[PDB]
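Single-structure report; data block below.
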Amino acid sequence: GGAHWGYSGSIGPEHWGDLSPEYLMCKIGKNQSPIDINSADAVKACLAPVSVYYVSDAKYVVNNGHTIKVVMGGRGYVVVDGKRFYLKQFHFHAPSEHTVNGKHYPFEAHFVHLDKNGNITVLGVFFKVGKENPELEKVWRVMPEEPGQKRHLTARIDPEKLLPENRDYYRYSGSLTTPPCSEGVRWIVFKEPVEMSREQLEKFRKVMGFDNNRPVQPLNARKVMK
Amino acid sequence: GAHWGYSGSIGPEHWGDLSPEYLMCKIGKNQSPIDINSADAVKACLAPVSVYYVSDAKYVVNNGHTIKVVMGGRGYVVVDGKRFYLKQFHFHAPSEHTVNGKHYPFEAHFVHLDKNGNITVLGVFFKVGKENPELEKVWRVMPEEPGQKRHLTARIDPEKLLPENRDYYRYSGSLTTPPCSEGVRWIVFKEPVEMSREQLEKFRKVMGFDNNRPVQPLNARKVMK
Amino acid sequence: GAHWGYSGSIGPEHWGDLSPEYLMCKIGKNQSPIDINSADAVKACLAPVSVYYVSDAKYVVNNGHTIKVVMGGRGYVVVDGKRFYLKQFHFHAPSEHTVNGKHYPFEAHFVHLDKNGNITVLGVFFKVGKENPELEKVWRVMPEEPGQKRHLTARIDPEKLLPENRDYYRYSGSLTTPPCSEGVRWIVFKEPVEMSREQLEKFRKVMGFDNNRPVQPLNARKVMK
Amino acid sequence: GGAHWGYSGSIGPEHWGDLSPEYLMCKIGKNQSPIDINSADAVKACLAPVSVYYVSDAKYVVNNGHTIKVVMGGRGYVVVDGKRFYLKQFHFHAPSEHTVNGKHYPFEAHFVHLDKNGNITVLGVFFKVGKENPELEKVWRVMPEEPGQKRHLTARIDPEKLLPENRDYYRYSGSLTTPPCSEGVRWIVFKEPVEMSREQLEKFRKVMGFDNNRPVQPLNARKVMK
Ligand SMILES: Nc1ccc(S(N)(=O)=O)cc1
Ligand SMILES: Nc1ccc(S(N)(=O)=O)cc1
Ligand SMILES: Nc1ccc(S(N)(=O)=O)cc1
Ligand SMILES: Nc1ccc(S(N)(=O)=O)cc1
Ligand SMILES: [Cl-]
Ligand SMILES: [Cl-]
Ligand SMILES: [Zn+2]
Ligand SMILES: [Zn+2]
Ligand SMILES: [Zn+2]
Ligand SMILES: [Zn+2]
């Protein structure tokens, strides 16, 4: 029900804040995502482990014209700030939205969670090119190739198998990276990348047809914790 | 920007609607002040905040919202490796920030701007105790009427108002008065300094009302300690 | 092991030479107690030390070196993921540890052993203030003569002696009495608890002398905070 | 002037504490080195950067029958606990003395420093097999091949070039790893390894003729900071 937006032309990221009054934060926000994570500038901090309690409740995969998204049943959760944030969906960007020390990864997954009070936590996972990713291949095998199309998953999705083994992370306070770019979003960005094959990357690039990362936004007053 | 205050239909709950320019007061999710729950704050390797103040006070002003000492902007603190220049300091009673749900009777804000206009506020809490000598210099020329500036009669050394121990809480927040712009660095010192009850009462009476904004939800933020 | 004490030719400086068994008192480089300089201590992600004590006091003994409450060893704390069982607790005046070069008037040590004989000591500082109810139960049966045990007349709840805030300094050290064995985990709580001046004075008079070992050099160690 | 010791037989590490009363700490010490560094058990902490102010004041290389050691003039220093510890010598062990998560590296360098008050700080650098190490090759080219022999260095030694680029470290309180195994030694163990070629490793192994690492010792009451 929100105004139409995209990644280029008159509806691209530089214009989002003018597409609708609902999208104001895109242009006036000072706590926007994604960001560059400069590891030296980040603050070493006593960050609590982010406990993962996922379940295999995937409903379908959808190509919504902005990403490839797996929609979940909402029963699995992570624990952040002692609260349960339930896994609602995960989706993908290429190139990465976040950068580390000024460099992109070729691909980034976002696991989007909602607590019962309506607050959002996103877990970000970077991918590098290497070995074929078995869990990703379950989704890729049935990737809808046109926008507006959804497909049944033919294999049981285990979302935790997409996360890195090492669970060290960067944390900061940010926003959604797509309109309305609402703030008050908790970001948990895992430091260790996972792997996907070049073929998997190129399938995503070909199906999408364009890059779908928002440009990095100024840190402003924020510190990233590490 | 419209007239605003601390009670009635122009009080803090109404701010965001008084002018479109004040919208962040209502819609922002990284607003100040906050309650600082010490147990919930995250232990972090925070850099010392070095202070290089000079005695460049220009005047004291009662602007109807606070008593404010305006500076020449030559002194500075170092935050994130950058110089933030001390433009003014001013006061609130009761405190704006709380610690573990409790107010201090009084809080001072030292407001700094870097060369690109980014704002850093250093907050100092005060408790009732011995008369504060440095504060006494400002109080001796406190203008009793809003809209009046008075010249200082003594040399102001702003660093003498800060606590001796320089450990602090840090978080990202906002200005505490309209337009409540975000992108503000907050450095809140953990150790309070003392003022006499008479110094406190003079401020309370000259203001004529409490001038603290209610604490705002932390939302996605952590406080570092 | 030879007779040792807190003054004359059997005092702390002479300990290491009284018996070959006491050599570490003299040659060890990770000895306790220490001065805890808070500014020098390293901020660290220290695990909470969970306390699971039970009321299993057996007796109070004056052993000529301290007043000690001997426990049944059923209660425990969790340190490094392991259970360390509370064997006894005892007292020193003035404090053994100092903080920023200052003593507290009194310090309690809660001595624990894991299943393999590794020792963890929890230290609690006391300041003069209100009479301590839990300490009063022990004091009511304090044996006045060395070599005497007395039974308790009230149920001892040792956790009631610990401060409410459980934040602590940690370092690796030694026993503070001969043979001053190393390999001892020290958990020193930052917040003091209160005792009356009369409770303090009773202990000082029953002992008849100061029973604190002088602080020892940190050498290669850091204190975590 | 101390009693003769070695790495095997009746004079090996299990016997060091009985070889001389001077070596007592080898058998009774509870703060001995080297150790296993379990990264999960280590405590994340606000460790100060260890500033390096080395100079090229190498005097000679020596094969002393226990290691290959480069002896320095003592003018270069590192800063630890706000004090200058001067670089006196550096030397090598294979396999590594320290282990990380129960695993050895094939080689470890130790840079030994002395403050003016007589306190020792050792910086440890792990090596893995990979590319030929240019700074190490300056020493290796003139490695004395028999115990008791010293040789002139034919190239200017720059000791800082042996340290890893990333200067993150583990710190703990320990001992010398050779008799007398004196305690009160500050250990700074860099987390990131550097590389040496297989040929460089095998030259060291061949010249030494035996492994020269002391077995790891119990952590006891200690925490390692990271
Ligand atoms: N609704 C929504 C959820 C997550 C994101 S993202 N790309 O920031 O994770 C954007 C919109
Ligand atoms: N301009 C301005 C400066 C500082 C503050 S305060 N009250 O947050 O320090 C508010 C407005
Ligand atoms: N055995 C023993 C137990 C504890 C201590 S103390 N004083 O270090 O707690 C000394 C000896
Ligand atoms: N003297 C000496 C210095 C350093 C070491 S070592 N191997 O622990 O660095 C041993 C002895
Ligand atoms: Cl946290
Ligand atoms: Cl340090
Ligand atoms: Zn996304
Ligand atoms: Zn203010
Ligand atoms: Zn004791
Ligand atoms: Zn060595």
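Throughout, protein chains are lettered first and strands after them, A, B, ... in sequence-line order, and every chain is numbered starting at 1. In listed order, ligands and their atoms are each counted from 1. Worth knowing before you read on, the calculation uses all heavy atoms, side chains too, and leaves out hydrogens, waters and symmetry mates.
Of all chains here, the one making more contacts with ligand 4 than any other appears in the PDB entry as carbonate dehydratase. Among the choices sulfanilamide, ethosuximide, MDMA, acetazolamide, what corresponds to ligand 4 is sulfanilamide. Other chains with a heavy-atom distance under 4.0 Å to sulfanilamide (ligand 4) are given as D. Shown in contact with D:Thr178 at under 4.0 Å from a heavy atom are these atoms of sulfanilamide (ligand 4), numbered in order with element: 10 (C), 11 (C). Against a heavy-atom cut-off of under 4.0 Å, D:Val122 is close to the following atoms of sulfanilamide (ligand 4): 9 (O). Short version: no covalent link from sulfanilamide (ligand 4) to a chain. Residue D:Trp187 places a heavy atom less than 4.0 Å from sulfanilamide (ligand 4). Source organism (PDB) for chain D: Thermovibrio ammonificans. Remark: among candidates D:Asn213, D:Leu176, D:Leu123, the nearest residue to atom 5 (C) of sulfanilamide (ligand 4) is D:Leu176, based on non-hydrogen atoms. Both the backbone and the side chain of D:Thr177 come within 4.0 Å of sulfanilamide (ligand 4), counting heavy atoms alone. It turns out that the other ligands and ions under 4.0 Å from sulfanilamide (ligand 4) are ligand 10 (zinc ion). Residue contact check for sulfanilamide (ligand 4): D:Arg214 places no non-hydrogen atom closer than 4.0 Å to it. In terms of protein heavy-atom proximity, atom 3 (C) of sulfanilamide (ligand 4) is closest to D:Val112 CG1, 3.6 Å.
Sulfanilamide (ligand 4) has no N or O atom lying under 3.5 Å from any N or O atom of D:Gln89, backbone or side chain.
The residue-level binding site of sulfanilamide (ligand 4) (heavy-atom cut-off 4.0 Å) is D:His91, D:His93, D:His110, D:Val112, D:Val122, D:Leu176, D:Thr177, D:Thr178, D:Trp187.
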